[PDB]
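Everything on this sheet refers to the single structure shown next.
This chain uses plain numbering: 1 for the first residue, then up along the sequence. Atoms within each ligand, like the ligands themselves, are counted from 1 in listed order. Computed over heavy atoms, backbone and side chain alike; hydrogens, waters and symmetry mates excluded. Determined by X-ray crystallography, 1.5 Å, according to the entry header.
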Amino acid sequence: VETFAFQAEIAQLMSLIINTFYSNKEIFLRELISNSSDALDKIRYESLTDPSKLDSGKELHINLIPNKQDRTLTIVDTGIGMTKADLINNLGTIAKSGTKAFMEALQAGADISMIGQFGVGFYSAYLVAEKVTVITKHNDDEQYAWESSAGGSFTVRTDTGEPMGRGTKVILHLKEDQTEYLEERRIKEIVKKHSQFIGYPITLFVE
Ligand SMILES: COc1cccc(-c2cc(F)ccc2[C@H]2Cc3nc(N)nc(C)c3C(=O)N2)n1
């Protein structure tokens, strides 16, 4: 298990998300579904010039899986996935610029729901989760588990768990007061409200 420091700017963003009073927490789901959709668009387009990129799985979809026993909501996609370099180097580079812009927008009167416009919507997971675990597999790289409970550090390890083919699984370990996001009716309401035109099947699993 390797432990890494977030860039100061990203730690600052995470603290803002965790600490700011903001009741409209439900937007985390739209942000993660949007990320999944982008990842699916990316593998689909790449496969037009290299069909072998789908050898790791042809089906392009999103699953939402609540588990009341574990108190987790998992968002699974069969998108492009992330390499180790993405997790430790590349995504932090884009996150730095997006965070700066988002901060400027907030000072000028924007609100937290607009986070996705700045390309850093992933961190909205921390509106509802005390810990986020991400399992990811990109073609030609290993399966990794990324994890963070904020506090300025994240971990990465090679994942020896259930092989996933290709894609990303975001596992939200929900805060004690955010268990509404495990309820079928609530998730259905939110998907209908904010994610109705996503161009991939979204299957809401039941418990
Ligand atoms: C999903 O897990 C993680 C872990 C660390 C950082 C990010 C991240 C951060 C950003 F600022 C902007 C974008 C991302 C991710 C968001 C993402 N989600 C999904 N489902 N799939 C992919 C390929 C990505 C991706 O390419 N980038 N995402």
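The chain forming the most contacts with ligand 1 in this entry appears in UniProt as Heat shock protein HSP 90-alpha. The drug assigned to ligand 1 in the PDB is HSP990.
At 4.0 Å, heavy atom to atom, the residues around HSP990 are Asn35, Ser36, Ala39, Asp77, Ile80, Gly81, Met82, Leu91, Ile94, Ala95, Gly119, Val120, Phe122, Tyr123, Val134, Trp146, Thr168, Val170. Close approach to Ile94 involves these atoms of HSP990, each under 4.0 Å from a residue heavy atom: 12 (C). Contact atoms of HSP990 toward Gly81: 23 (C) (distance under 4.0 Å to a heavy atom of the residue).
With ligand atoms numbered from 1 in the order given, HSP990 contributes 20 (N), 21 (N) to contacts under 4.0 Å with heavy atoms of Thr168. Interface atoms of HSP990 facing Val134, defined by a heavy-atom separation under 4.0 Å, are 1 (C), 2 (O).
Near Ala95, meaning under 4.0 Å from any of its heavy atoms, are these atoms of HSP990: 11 (F). Below 3.5 Å of separation, one finds an N or O of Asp77 facing an N or O of HSP990. Listed by atom number, the atoms of HSP990 under 4.0 Å from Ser36 heavy atoms are 20 (N).
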